[PDB]
Amino acid sequence: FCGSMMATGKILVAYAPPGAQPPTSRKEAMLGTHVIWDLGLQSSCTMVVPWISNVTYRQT
Amino acid sequence: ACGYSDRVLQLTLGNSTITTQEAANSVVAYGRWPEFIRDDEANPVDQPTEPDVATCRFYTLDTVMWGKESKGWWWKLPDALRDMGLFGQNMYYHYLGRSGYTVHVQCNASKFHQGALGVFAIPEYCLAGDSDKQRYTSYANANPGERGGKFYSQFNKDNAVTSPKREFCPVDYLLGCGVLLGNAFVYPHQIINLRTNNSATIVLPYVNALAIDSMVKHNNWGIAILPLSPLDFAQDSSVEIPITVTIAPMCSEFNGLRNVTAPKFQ
Amino acid sequence: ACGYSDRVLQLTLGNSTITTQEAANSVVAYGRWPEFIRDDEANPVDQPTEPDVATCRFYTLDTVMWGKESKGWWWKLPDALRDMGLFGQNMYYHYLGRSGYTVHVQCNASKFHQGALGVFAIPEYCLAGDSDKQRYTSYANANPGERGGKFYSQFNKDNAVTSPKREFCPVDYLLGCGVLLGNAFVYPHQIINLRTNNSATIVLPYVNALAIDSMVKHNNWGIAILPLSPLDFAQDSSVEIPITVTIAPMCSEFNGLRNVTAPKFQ
Amino acid sequence: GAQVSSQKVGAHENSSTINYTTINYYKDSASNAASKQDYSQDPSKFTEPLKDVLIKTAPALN
Amino acid sequence: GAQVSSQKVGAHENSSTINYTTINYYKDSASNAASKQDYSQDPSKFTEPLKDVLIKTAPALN
Amino acid sequence: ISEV
Amino acid sequence: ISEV
Amino acid sequence: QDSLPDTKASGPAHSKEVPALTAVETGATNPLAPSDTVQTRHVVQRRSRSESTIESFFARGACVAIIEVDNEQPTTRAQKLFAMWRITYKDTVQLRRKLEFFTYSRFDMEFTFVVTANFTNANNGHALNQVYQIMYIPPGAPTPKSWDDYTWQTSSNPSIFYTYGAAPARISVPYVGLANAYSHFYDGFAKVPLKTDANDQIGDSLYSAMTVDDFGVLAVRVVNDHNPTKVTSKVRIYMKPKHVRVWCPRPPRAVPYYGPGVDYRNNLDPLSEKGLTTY
Ligand SMILES: Cc1cc(CCCCCCCOc2ccc(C3=NCCO3)cc2)on1
Ligand SMILES: *C(=O)CCCCCCCCCCCCC
Ligand SMILES: *C(=O)CCCCCCCCCCCCC
């Protein structure tokens, strides 16, 4: 977050594993892997996308 | 040691993580963490279903807006979650279900904003109604789902005896139930005073007169959020900030599997 | 000792029990009982969901009728079960799913009836199509669900190049796939010869080139039922008896939870 | 690193156990020739996939 | 002077540890093939070049 | 060597 | 020889 | 020792044990030996199944492809100055049918290349010996548009430079599948149509096809600049599975193959006419 220190906010960031409709709403995105980021002194948030796949190796 | 704090928390359940840099510690209702039904308190004999990570995870409800005229909002559990992913499905395919909950209420503003929210976890939150008619609030109206309900500053009696609305009429200073709001603090609670904290976190045990019951017929817990002190900012008479409620079922187990319950919500 | 027999069996899974007084022993495909994914064969890192008794139980499909002109019926798994209670829901809310199955085929008649059913469990049962067009069978047509599909005595090529049906054309003596039916016995199987037995029981392991995969995209097992010897009774030229398929998922686990997959079956 | 094994001798000259020698030259096992010393197994998982496998002298159905 | 090492066997034939043999023929090490047995290291000099490296569960800034 |  |  | 079981000396029987009777409805095959139904002598058996082992059954280099490539003057219409082949065992029928006795497989693969050439036209002078380049292009890598563009620099792709007249080129490849075993059969799709999709083209896939490019391609060219006279060449590719393992047996293909999938079109009459009581 490169905003001013006087700025606050809560953000949801998400990962949906394949196979369903790509999320158009937070309501749908909430249901998959997600991190609710609260802005503050620790400037940055990390969402880990876990290895969830059928095949042992995906194509580039 | 190192740098840890009451204000900074991470909650992780299933595939979902919540962070907060401005918390006011966190509450465990009645000092009891959620747990599963013990063999010596068990009553349905059939092997339970415990879906675990698929149902015990953070479902975020539709955001509500807090403004200068906002009198208060309420939700009932499990009702708020009846349509939330596989929790909802498990709840409706079974006659019986029990679950605890982590409730996380979210409301950030700024160092120059003002206001205080009373967040209350009430066991058996029976609410008052519309009418001259006693105990008459209809199932559909008693259960708003995710949408929740609201409070009012005063009692407007539903007069139309011919076609009655069969709704609750929750008056704020009476906690919507005939008592005074000032005393609602005997219930598990937290306060979001904007100069102090972004959020409230309450962990609810399963509370009932039974080890397990029908989730469709009966709500165990009520969540009541009232503005203990009204929202204000600089001098702008029409300020508005969001309140987001995120809830997670905990130690969820279900008994009595059969065909799906389809309630009529119209 | 006491009085036990190969012919009399009880199967119990979840809240469901099957009895049979006329079985022909029972088959475990490839000598492998169904099992869960081991830590050293595991590939998705996220904690799986194992619904257990709520999904691993006996779902009975719509009954089909066997008559003198019946050429054969087929089903694909998990497709036949995509709409079966909480199994279906788990399958559609997750990217990944694996499951084994107990298949129980039911067909009773009388000491004076005649006929024999070949019940076959085929790994990766790829079927042949309609057209001059290769590999062209559409998803909706490849997946009939509970309803299953049928075989034909001969190859009727779908001629309408302008609006193609994009369907399979499964010819019976070719096992619907370019090989001879007589050789389908190298697959896990049982025979319901009416003078001998009421039913067939095959236990299927999860078979795949992967520890887990997408249940929505890919079927692991195909169930093929063909009349190896035609139905006959007394001298009545129009005899008809029911065939009922009851299937149970076994050791079901799911990975990759997110919003529900809604396939277009039209 | 040489590998030494006995050959299964078919037609014998008028001359006992005869051997041959093998040395892998490459790091990748993919590069390797076939050992062709292949063990066998039971057909049972295909010929007898029964839960209660029965003895051939007794009734199949009982 | 022969050098003997184990191969990391990928696909196994239906037949355990398999080896290969290497012999340098030339005096100049430049003439040599690649051993390809290469050790790995920490990304830390690139991912964490901090004077006070901190534990991931604690605040980055304090 | 390895003699089998 | 050298066996590693 | 890999010999089959000795036949046991078996005598007359008058008993309640009945091995000749059974019930194939069970799914099982009757485990009978000649000694169970006839009087037998003792035979010390020396025969062996050595040649029918999975390895021995596939231990043979099969022709899977014929790539034609020319070396002539670069003109401006479609020409074969370089060629590309999608790696597959399916342009040919013989090895395909052997591999298809099984559902899944795992093996290393040996590629041998036999290269032949000839003069096309009666005579415009002759040609000096040609060097051929066989470049592997894995899915994702840039494919050549021209017989001598930058892709042929092959800095990361594996390439063979074959000199004409030398012994046939040979390389080995690991088990390179994305799964734990190769799928000779895939009952399913690479895409699912969703109710929320815009066109219904978006979710359409080929039945039984998996990845679009499967194993990539082989790009073949003659490295030499063209002679006055034209030389045509063909690269024949021989494929051998080695260090083989297989799973789940299948009935052999009984009717002619109709493309990459299990589809049949015609000659669905494999069996001859023979009278029931005719030897
Ligand atoms: C389907 C299916 C397919 C198979 C066989 C898979 C073999 C995959 C091999 C992929 C790589 O192939 C190569 C071929 C040639 C070369 C080559 N490099 C230098 C010139 O030749 C490299 C890779 O089994 N099932
Ligand atoms: C084990 O192999 C030690 C004995 C080696 C005997 C001499 C081998 C000569 C061939 C060496 C081949 C090297 C190939 C890279
Ligand atoms: C150590 O190398 C002693 C064993 C040598 C075995 C025989 C090697 C045959 C190859 C010798 C190559 C000489 C090359 C200049």
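Lettering follows sequence order; numbering is per chain, from 1. Displayed portion only: the contact tally does not extend beyond what is shown. Order of listing sets the numbers, starting from 1, for every ligand and every atom in it. Determination method: X-ray crystallography, 2.9 Å.
The drug name recorded for ligand 1 is WIN 51711. Here the macromolecule with the greatest number of atom pairs within 4.5 Å of WIN 51711 (ligand 1) is listed in UniProt as Capsid protein VP1.
Every other chain with a heavy atom under 4.0 Å from WIN 51711 (ligand 1) is listed here: H. The site surrounding WIN 51711 (ligand 1), defined by heavy atoms under 4.0 Å, contains H:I87, H:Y89, H:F107, H:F111, H:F113, H:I134, H:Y136, H:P158, H:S159, H:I160, H:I171, H:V173, H:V176, H:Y182, H:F215, H:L218.
In the PDB entry, the organism given for chain H is Poliovirus type 3 (strains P3/LEON/37 AND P3/LEON 12A[1]B).
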